[PDB]
Asks: 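For reference, the structure I am asking about is given below.
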Amino acid sequence: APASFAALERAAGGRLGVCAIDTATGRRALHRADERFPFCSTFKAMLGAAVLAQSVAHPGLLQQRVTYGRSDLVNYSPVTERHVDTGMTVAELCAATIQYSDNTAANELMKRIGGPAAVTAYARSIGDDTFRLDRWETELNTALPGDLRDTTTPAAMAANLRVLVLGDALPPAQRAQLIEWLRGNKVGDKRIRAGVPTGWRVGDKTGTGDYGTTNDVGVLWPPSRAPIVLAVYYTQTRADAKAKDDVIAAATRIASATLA
Ligand SMILES: NC(=O)[C@@H]1CC[C@@H](NOS(=O)(=O)O)CN1C=O
């Protein structure tokens, strides 16, 4: 098996980006940590945080029912497609978008809170000047080489996760909620979760896009040691490239070994 990030990139082809932070010591494991990558679904973690942050000023926000129609449904909406008739609450849409990566849920939340610009504004509010959300689902996953729309860096996303999950960017109640949503990711078993020991607990958000883009970002809680924050981004040369779950699992093993 490839033993370094550089070696893994050469084996897999494409372009790999990693930022892993050992929160005990502040040591980092890095590869292209300051390069931009298309974030795809991983922004949904930021979207959830942005909604929770708005809920601090308006506690009733999470309660609000959002109704949407058949024509609002975009591809990959396994939860929202079941509730065209009732609609769903803001909190329900957050859980759906983070835990099942539901695309319509993301769009409907963004309509409520002020669109792509609102998520970008939220990123700036927590000290992320790098993140930019430009488009809606599913266009934001085009992942075109050379396009800066809908990108961030592994280092910027890892820093966001550190302050959101382990820091005080959110008040305790909202911080606890974000953690519950991330720990409940249902669609990431073959990625970060596949590259850590089963004793480690994971809260994460995956993403996948065109150009075989394969991403996963989150926080890892080892049983007897301080948490590690891990952001992994990966993208490939051909537009029809296949996503590579195993690249993320391998990057995770290397990061966890390095910070052992
Ligand atoms: N093209 C997309 O919108 C992809 C693919 C399917 C959904 N979930 O994928 S995941 O890698 O986030 O688990 C949503 N998504 C997020 O990147």
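Chain A uses the PDB entry numbers throughout; the residues present, in order, are 30-238, 240-252, 254-291. Note that ligands are numbered from 1 as they come in the structure, with each ligand's atoms numbered from 1 the same way. Only heavy atoms go into these numbers, but all of them, side chains included; no hydrogens, no water, no symmetry mates.
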Asks: If you rank chains by contacts with ligand 1, which one has the most, by name in the PDB entry?
Replies: Beta-lactamase
Asks: I'm looking at ligand 1, any idea what drug that is?
Replies: avibactam (bound form)
Asks: Against heavy atoms of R220, which atoms of avibactam (bound form) measure under 4.0 Å?
Replies: 11 (O)
Asks: Please list the nearest protein heavy atom to atom 8 (N) of avibactam (bound form) with its residue and the distance rounded to 0.1 Å.
Replies: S130 OG, 3.1 Å
Asks: List avibactam (bound form) atoms under 4.0 Å from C69, heavy atoms only on the residue side.
Replies: 17 (O)
Asks: Please work out, at 4.0 Å between heavy atoms, whether the side chain, the backbone, both, or neither of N132 comes within that distance of avibactam (bound form).
Replies: side chain
Asks: Under a 4.0 angstrom heavy-atom cut-off, which atoms of avibactam (bound form) come close to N170?
Replies: 1 (N), 2 (C), 3 (O), 17 (O)
Asks: Which atoms from avibactam (bound form) have a heavy atom of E166 less than 4.0 Å away?
Replies: 3 (O)
Asks: Looking only at protein heavy atoms, which one is nearest to atom 6 (C) of avibactam (bound form), and how far off is it?
Replies: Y105 CG, 3.8 Å
Asks: Which is closest to atom 1 (N) of avibactam (bound form) in terms of heavy atoms, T237, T167, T235, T171?
Replies: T237
Asks: What's the shortest distance from atom 16 (C) of avibactam (bound form) to any protein heavy atom, and which residue and atom give it?
Replies: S70 OG, 1.3 Å
Asks: Write out the binding site of avibactam (bound form) as chain and residue number, heavy atoms closer than 4.0 Å.
Replies: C69, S70, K73, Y105, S130, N132, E166, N170, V216, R220, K234, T235, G236, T237
